[PDB]
Protein chains: 2
Amino acid sequence: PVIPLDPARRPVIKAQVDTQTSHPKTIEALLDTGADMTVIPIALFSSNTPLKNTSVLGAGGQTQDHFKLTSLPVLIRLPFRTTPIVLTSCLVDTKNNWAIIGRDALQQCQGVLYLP
Amino acid sequence: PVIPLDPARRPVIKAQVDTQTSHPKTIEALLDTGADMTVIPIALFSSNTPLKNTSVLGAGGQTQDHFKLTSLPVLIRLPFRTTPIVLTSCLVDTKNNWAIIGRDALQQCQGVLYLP
Ligand SMILES: CC(C)CN(C[C@@H](O)[C@H](Cc1ccccc1)NC(=O)O[C@H]1CO[C@H]2OCC[C@H]21)S(=O)(=O)c1ccc(N)cc1
């Protein structure tokens, strides 16, 4: 669909995320064209699964141990599309449990920005 | 126009920004649906103009004295428009030198996200 943009309403969407370590869960993610890579909360994972250290830039700088990478791909189903998005890897937020859909996922839906 | 979304290429636009404290400058800005409010580099303002303190969200927490707020409105002109976007207030980046067009400005352009 078409999602209007409003400073006062964040463009969010309900997504089913399968990390391949639990059963798939539904979360509400921000649609973010300024994010290179998708971010999902660690609350989706079982406490045993391994992750990798990583780096990423942010508004107050870049962090060291805040965000981790998944070892296995992550599958994402959106309400409209029937087939899942498959990300080779994406970021895991261990602190704030942010959920953000980035340009890696938006390219696989062939998403676009449109400015009239 | 249509701006395709690609994890490897940041979606940027060229925008003329008028702080009303110096002469207008054309800069390169990121188009960011995940930003509530537009961010402007402090380099576009006068060394004498007054700014106000405030808070912001961002990857890795929130920062106190990294961003300030403008005291005067900011005007923004796009390539395909001569009528200026008018932001009654927007954020100022005192360090990192980010230029981000957020949803406050995208609303006045009538910009939308489209997911097929
Ligand atoms: C310069 C960008 C790379 C900033 N990012 C995306 C941006 O949309 C974030 C995404 C975001 C959104 C809400 C809370 C935290 C992060 N929001 C943001 O920093 O904007 C702030 C300035 O205007 C304010 O209005 C709300 C956002 C504020 S980011 O969060 O740091 C980021 C960077 C890289 C990845 N892979 C994932 C996320």
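Chains are named by letter, beginning with A, in the same order as the sequence lines. Heads up, chain A uses the PDB entry numbers, so what you see runs 1-116. In chain B, numbers come from the PDB entry; the residues present are 1-116, in order. Counting convention: from 1, in listed order, for ligands and their atoms alike. Technique stated in the header: X-ray crystallography, 2.1 Å.
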Q: Specify the chief binding partner of ligand 1 in this model, using its name in the PDB entry.
A: HTLV-1 Protease
Q) Which drug is recorded at ligand 1? A) darunavir
Q | Other chains near darunavir (ligand 1), heavy atoms under 4.0 Å | A | A, B
Q. How is the binding site of darunavir (ligand 1) composed, by chain and residue number, at heavy atoms under 4.0 Å?
A. A:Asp32, A:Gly34, A:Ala35, A:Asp36, A:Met37, A:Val56, A:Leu57, A:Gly58, A:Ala59, A:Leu91, A:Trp98, B:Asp32, B:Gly34, B:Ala35, B:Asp36, B:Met37, B:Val56, B:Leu57, B:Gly58, B:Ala59, B:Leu91, B:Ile100
Q: Enumerate the atoms of darunavir (ligand 1) whose separation from the nearest heavy atom of A:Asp32 is less than 4.0 angstrom.
A: 6 (C), 7 (C), 8 (O), 9 (C), 10 (C)
(Q) B:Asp36 versus darunavir (ligand 1): do any nitrogen or oxygen atoms come within less than 3.5 Å of each other? (A) yes
**Q.** Proximal atoms of darunavir (ligand 1) relative to B:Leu57 (non-hydrogen, under 4.0 Å)
**A.** 14 (C), 15 (C), 19 (O), 21 (C), 28 (C)
Q: Using a strict 4.0 Å cut-off to heavy atoms of B:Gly34, name the atoms of darunavir (ligand 1) that fall inside it.
A: 8 (O), 10 (C), 12 (C), 17 (N), 27 (C)
Q. So is there a nitrogen or oxygen of B:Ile100 less than 3.5 Å from a nitrogen or oxygen in darunavir (ligand 1)?
A. no
Q: Flag B:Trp98 as yes when one of its N or O atoms lies below 3.5 Å from any N or O atom of darunavir (ligand 1), and as no otherwise.
A: no
Q) Short list, please: which atoms of darunavir (ligand 1) are under 4.0 Å from a heavy atom of B:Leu91? A) 22 (C), 23 (O)
Q. The entry lists a source organism for chain B; which one?
A. Human T-cell leukemia virus type I
Q) So is there a nitrogen or oxygen of A:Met37 less than 3.5 Å from a nitrogen or oxygen in darunavir (ligand 1)? A) yes
Q: For A:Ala35, take its heavy atoms, then give the atoms of darunavir (ligand 1) lying under 4.0 Å from any of them.
A: 37 (C), 38 (C)
